[PDB]
Peer 1: 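Attached: dCTP pyrophosphatase 1 with triptolide bound.
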Amino acid sequence: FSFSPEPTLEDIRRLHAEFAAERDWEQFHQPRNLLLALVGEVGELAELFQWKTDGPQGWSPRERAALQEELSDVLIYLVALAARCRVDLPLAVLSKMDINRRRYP
Amino acid sequence: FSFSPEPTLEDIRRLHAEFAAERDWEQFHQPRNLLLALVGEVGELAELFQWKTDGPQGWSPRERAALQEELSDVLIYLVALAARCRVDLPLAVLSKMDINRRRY
Amino acid sequence: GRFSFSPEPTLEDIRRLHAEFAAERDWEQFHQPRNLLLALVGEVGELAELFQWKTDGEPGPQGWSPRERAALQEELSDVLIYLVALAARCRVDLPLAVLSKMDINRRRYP
Amino acid sequence: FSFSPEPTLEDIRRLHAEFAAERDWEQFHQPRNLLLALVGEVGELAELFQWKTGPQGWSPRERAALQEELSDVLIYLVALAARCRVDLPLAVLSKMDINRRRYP
Ligand SMILES: CC(C)[C@]12O[C@H]1[C@@H]1O[C@]13[C@]1(O[C@H]1C[C@H]1C4=C(CC[C@@]13C)C(=O)OC4)[C@@H]2O
Ligand SMILES: CC(C)[C@]12O[C@H]1[C@@H]1O[C@]13[C@]1(O[C@H]1C[C@H]1C4=C(CC[C@@]13C)C(=O)OC4)[C@@H]2O
Ligand SMILES: CC(C)[C@]12O[C@H]1[C@@H]1O[C@]13[C@]1(O[C@H]1C[C@H]1C4=C(CC[C@@]13C)C(=O)OC4)[C@@H]2O
Ligand SMILES: CC(C)[C@]12O[C@H]1[C@@H]1O[C@]13[C@]1(O[C@H]1C[C@H]1C4=C(CC[C@@]13C)C(=O)OC4)[C@@H]2O
Ligand SMILES: [Mg+2]
Ligand SMILES: [Mg+2]
Ligand SMILES: [Mg+2]
Ligand SMILES: [Mg+2]
């Protein structure tokens, strides 16, 4: 299994910044607003799993549709938040992976 | 302001699965474990912000170090979760954005 | 006078009420700890959705719209119900655990 | 299994309000501050469970952590309800009525 090669994280940051700036929403995207929107989307992701004990690759296409959306909503707000904080998220993830290799040899 | 072009979401998925297999951690990466690890990291992000009543850009280097690392972990667990579910996260994001444009 | 909670239901009352609600529907079989935990997370997220675009500033939640206030009451209530259920399902005596946490907090912040 | 009869929710609110007043902390207890701190405590609870594909069979130290994090979540939920002037025990009764109509 693997992801498609695109959109990348930068693609996602650009599409969302453009989406938001065309609608004059950037004035609502203070960090703590985006962090709570993230929390709320993580909450909608959790509602999909809450009555489903470990035993999603076998869910129906329809309930995998709801899962794709909620995973996407989390990612979009996470990218918005990181960008609002001037954090280069793909490089931060390489720095974190490097730390993890050294901590767990 | 922008992000660097690499690693990609698929880059991240790969690095972390190899990292996890090499340590026989796959066995702990059932969907709901990864969902709850994601929740734990979002909480660590909230603890950074909880008493910042009403600017990350001009935060101290230690706080910016904490922010970068927690945002990274959220993204890693999110990618790993989506892979464990066999969801193509980049295309799903693109579908969602269309939904978002149709809704607004 | 100054603001107060009502005296009932207590935490034990809520545990009983919720257990009866589940028993009436045959739902206890779905109330494994990790199920209730993720249910709590979903409700915490619905609470966050009420506040996400609302910057802090008096008057605050007390000056919200009637339906916004109703949604706040229902969301705070939902978090509490699943917390009680989770604690009960883990065999945690929540009222006494609170007393014990308040002593921990007094030592940490003398 | 049952809960002890005390402290009630009103007891918890008073104890925490006096604890906060004594330390001059009520100035930091804006609603979104308390909400984010609640989110943080929920994350710590998530962490006790994340790698656990039963709580009663957990070690005494893990059960101690579980008691403490459940209690933290409850104190911040209480603090937030009060800061919002929500009579939390009565709201619960209304909520149970709502649930009975949603699920006849
Ligand atoms: C005032 C109230 C009726 C209100 O809820 C708020 C917010 O102002 C928004 C809202 O319109 C909705 C759509 C929101 C949206 C944002 C940014 C902010 C929102 C614009 C985002 O990130 O995605 C969705 C509505 O007017
Ligand atoms: C199968 C799927 C569409 C499903 O979602 C699940 C769960 O099985 C439930 C569900 O009916 C809904 C409502 C749920 C409910 C419970 C416990 C379990 C639920 C019964 C609870 O705690 O409050 C609400 C539906 O069948
Ligand atoms: C058994 C207990 C002491 C235990 O907590 C568990 C889990 O087994 C882990 C743990 O070792 C820690 C590190 C964990 C790690 C994971 C995946 C699973 C963990 C391996 C991950 O992706 O992030 C880091 C520890 O032994
Ligand atoms: C400035 C920073 C290092 C700072 O973190 C903030 C907050 O001001 C607090 C803090 O001191 C810690 C303890 C905090 C506390 C509160 C209320 C607010 C806190 C007082 C609460 O509810 O429980 C714990 C520190 O100065
Ligand atoms: Mg959503
Ligand atoms: Mg972390
Ligand atoms: Mg609800
Ligand atoms: Mg804690």
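The chains carry the letters A, B, and so on, in the order of their sequence lines. The PDB entry numbering applies to chain A: residues 23-77, 81-130, in that order. Residues displayed in chain B correspond, in order, to the PDB entry positions 23-76, 80-129. Chain C is numbered as in the PDB entry, which gives 21-130 for the residues shown. All chain D residue numbers match the PDB entry; in order, they span 23-75, 80-130. Numbering of ligands and ligand atoms starts at 1, following listing order. Computation of the quantities below employed the complete heavy-atom set of this structure, encompassing side-chain atoms and omitting hydrogens, waters and symmetry-equivalent molecules.
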Peer 1: Which parts of the structure correspond to triptolide, copies included?
Peer 2: ligands 1, 2, 3 and 4
Peer 1: What other chains contribute a heavy atom less than 4.0 Å from an atom of triptolide (ligand 4)?
Peer 2: B, C, D
Peer 1: Is atom 5 (O) of triptolide (ligand 4) in close reach of the protein, with a heavy atom under 4.0 Å away?
Peer 2: yes
Peer 1: Please state which protein non-hydrogen atom is closest to atom 20 (C) of triptolide (ligand 4) and give its distance, to 0.1 Å?
Peer 2: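 Scanning the protein heavy atoms, the shortest distance from atom 20 (C) of triptolide (ligand 4) goes to D/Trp47 NE1, 3.6 Å.
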Peer 1: Might you check, step by step, whether the distance between atom 16 (C) of triptolide (ligand 4) and some protein heavy atom is under 4.0 Å?
Peer 2: yes
Peer 1: Which UniProt-listed substrate-binding residues of chain D does triptolide (ligand 4) come within less than 4.0 Å of, going by heavy atoms?
Peer 2: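 Heavy-atom check against UniProt gives D/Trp47, D/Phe50, D/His51, D/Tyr102.
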Peer 1: Kindly state if atom 22 (O) of triptolide (ligand 4) has a protein heavy atom within a strict 4.0 Å cut-off, that is, under 4.0 Å?
Peer 2: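 True for atom 22 (O) of triptolide (ligand 4).
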Peer 1: What part of D/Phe41, side chain from CB on, backbone N/CA/C/O, both or neither, has a heavy atom under 4.0 Å from triptolide (ligand 4)?
Peer 2: neither
Peer 1: Would you mind checking which non-hydrogen protein atom is closest to atom 9 (C) of triptolide (ligand 4), with the distance to 0.1 Å?
Peer 2: B/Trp73 CD1, 4.5 Å
Peer 1: Hey, which atoms in triptolide (ligand 4) end up nearer than 4.0 Å to a heavy atom of C/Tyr129?
Peer 2: 24 (C)
Peer 1: Please indicate, with yes or no, if any protein heavy atom is found under 4.0 Å from atom 2 (C) of triptolide (ligand 4)?
Peer 2: no
Peer 1: According to the entry, what is the source organism of chain D?
Peer 2: Homo sapiens
Peer 1: Within the structure, is a non-hydrogen atom of D/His51 found at a distance of less than 4.0 Å from triptolide (ligand 4)?
Peer 2: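 Yes.
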Peer 1: I'd love to know the binding site of triptolide (ligand 4) - heavy atoms within 4.0 Å, chain and number please.
Peer 2: B/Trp73, C/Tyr129, D/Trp47, D/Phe50, D/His51, D/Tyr102
